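A deposited model with (S)-tioconazole.
Numbering starts at 1 and runs along the sequence shown. This entry, so its header tells us, was determined using X-ray crystallography, 2.6 Å. Excluded from the calculations below are hydrogen atoms, water molecules and symmetry mates; all remaining heavy atoms, backbone and side chain alike, are included. Remember, it's 1-based here, ligands and their atoms both numbered in the order they're listed.
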Amino acid sequence: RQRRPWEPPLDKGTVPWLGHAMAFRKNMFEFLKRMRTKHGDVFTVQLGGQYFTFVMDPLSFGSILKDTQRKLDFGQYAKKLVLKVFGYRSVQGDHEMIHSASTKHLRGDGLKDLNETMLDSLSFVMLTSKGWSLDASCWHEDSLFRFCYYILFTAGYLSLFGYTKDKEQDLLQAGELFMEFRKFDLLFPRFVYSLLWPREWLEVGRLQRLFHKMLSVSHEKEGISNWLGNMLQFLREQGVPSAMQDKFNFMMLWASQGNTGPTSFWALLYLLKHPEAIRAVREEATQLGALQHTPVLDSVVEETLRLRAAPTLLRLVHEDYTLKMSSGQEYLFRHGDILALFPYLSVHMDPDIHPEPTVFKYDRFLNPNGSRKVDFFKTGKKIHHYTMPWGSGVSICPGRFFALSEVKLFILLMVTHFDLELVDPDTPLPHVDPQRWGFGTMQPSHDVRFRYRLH
Ligand code: HEM
Ligand SMILES: Clc1ccc([C@@H](Cn2ccnc2)OCc2ccsc2Cl)c(Cl)c1
Ligand SMILES: [K+]
């Protein structure tokens, strides 16, 4: 590839025939930081087979996301990724099925019917696996990350993929599945990057075949979410075999449980590390369908996602795309190239939009009167895209409302019915594990111990 004057700069790396794959996969966040300062806001690099063009100017996010014409497509790239990782082969129309099923059953009425079960399942799991002793004041030490993740995963799994007659048995396997899910989740970025030791490729194979069987469409379950059954109806109706339906189910299990848990971890952890904040939500909590009446919690969860939701927004260009920068410069993107945004660096951590951006400020999105603050600026200019945990366009997360009910209910239940303390409130928060930069909600570099007991 030879660059044309009208294209953005093309950086081939100091050592050519190697590129930036090594520095990119190691710490994507730091790699893009260096590139922004070196080439400015728009630059192109080769990763894997593809050529990627990054746009770091938040002001230009406007036209790109409102793809007025038909030029950018998220699904053409995503289907390649899920094929490698889950072996699911996209069929004509499944992209629209998912969104229809989601708008219909993960929003409005579908969502409240579902939220009622999620609450039921989250209460049952907390109580049953709580841990007990003959002494009623006994503290119980656990690991906060594994704790939150196991809770959201079990309740999420049972609310979506169905429960059975024996509700204790459900929990037991749900926990057994969790352990194996966590093993798959941990290898996932390196799987996407093919940076696995030969033994690890086998583990990913075993985990695949394992979930395929547990979630198999032949396997007695009652009351599965309308979201899932609606989607399998489409698949069976288009002649999708059952084996491929099993691969579909595993992909949706990972999609629906992959971030909700880790996001709960950071929120509760930020709340424990800021007495100011945990009291505001506890008090809001004390005083059914009240999830829409928690402005304080709402802002605690936006701020958490601002600090720990670091996805990449990828679009394949299938017709030559022309981007005009606020500056006054035009840039041409070739069809076949991957358009990429990293709103974490461009938006979340921009000090002009969010002063002291690396600081958890539970009230960051609250107006002095407690109303919702939706007015943010970069040097006088209004930024409609001030937080971007879900993305935008026709590919914005169709489960973001469920995820939010999921996380909000967990927090409320925890801060209400439990005494919480960090084993070591003096040590610094774990930093993001850099190997997952760009894949959704970040995960801690190391777990933190915490103790809990009832009131
Ligand atoms: C904190 C939790 C979550 C976060 C941070 C998150 C974030 C995201 C992001 C950034 C995207 C890509 C947006 C884009 O490319 O424009 C996405 C897409 C998607 N999300 Fe989520 N998500 C979460 C939870 C969930 C849940 C619970 C589900 C299902 C129940 C789900 C299902 C999906 C699906 C199927 C897509 C595919 C995009 C498409 O429809 O083309 N996500 N999510
Ligand atoms: Cl089926 C599916 C739907 C969305 C995704 C999101 C992550 N996610 C998962 C669940 N909710 C959000 O992918 C973002 C992303 C990061 C690097 S490449 C790439 Cl795509 C995936 Cl991985 C599979
Ligand atoms: K898809």
Where in this structure can (S)-tioconazole be found, counting every copy?
ligand 2
Per the PDB entry, what macromolecule holds (S)-tioconazole (ligand 2) with the most contacts in this model?
7-alpha-hydroxycholest-4-en-3-one 12-alpha-hydroxylase
Closest non-hydrogen protein atom to atom 7 (C) of (S)-tioconazole (ligand 2), residue and atom name please, with distance?
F439 O, 4.1 Å
Protein non-hydrogen atoms only, distance under 4.0 Å: does atom 13 (O) of (S)-tioconazole (ligand 2) have such a neighbour?
no
Could you check atom 19 (C) of (S)-tioconazole (ligand 2) against the protein and tell me its nearest heavy-atom contact, residue, atom and distance included?
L81 CD1, 4.2 Å
Hey, looking at atom 9 (C) of (S)-tioconazole (ligand 2), which of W254, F248, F188 has the closest heavy atom?
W254
Write out the residue and atom name of the closest protein heavy atom to atom 4 (C) of (S)-tioconazole (ligand 2), then the distance separating them to 0.1 Å.
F74 CZ, 4.7 Å
Quick test: of every protein heavy atom, which one is nearest to atom 3 (C) of (S)-tioconazole (ligand 2), and how far off is it to 0.1 Å?
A255 CB, 4.7 Å
Is any heavy atom of the protein nearer than 4.0 Å to atom 17 (C) of (S)-tioconazole (ligand 2)?
yes
Check if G438 has a non-hydrogen atom at a distance under 4.0 Å from any atom of (S)-tioconazole (ligand 2).
yes
Could you pull out the residues near (S)-tioconazole (ligand 2) at 4.0 Å? Heavy atoms only, by chain and number.
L81, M251, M252, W254, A255, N259, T312, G438, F439
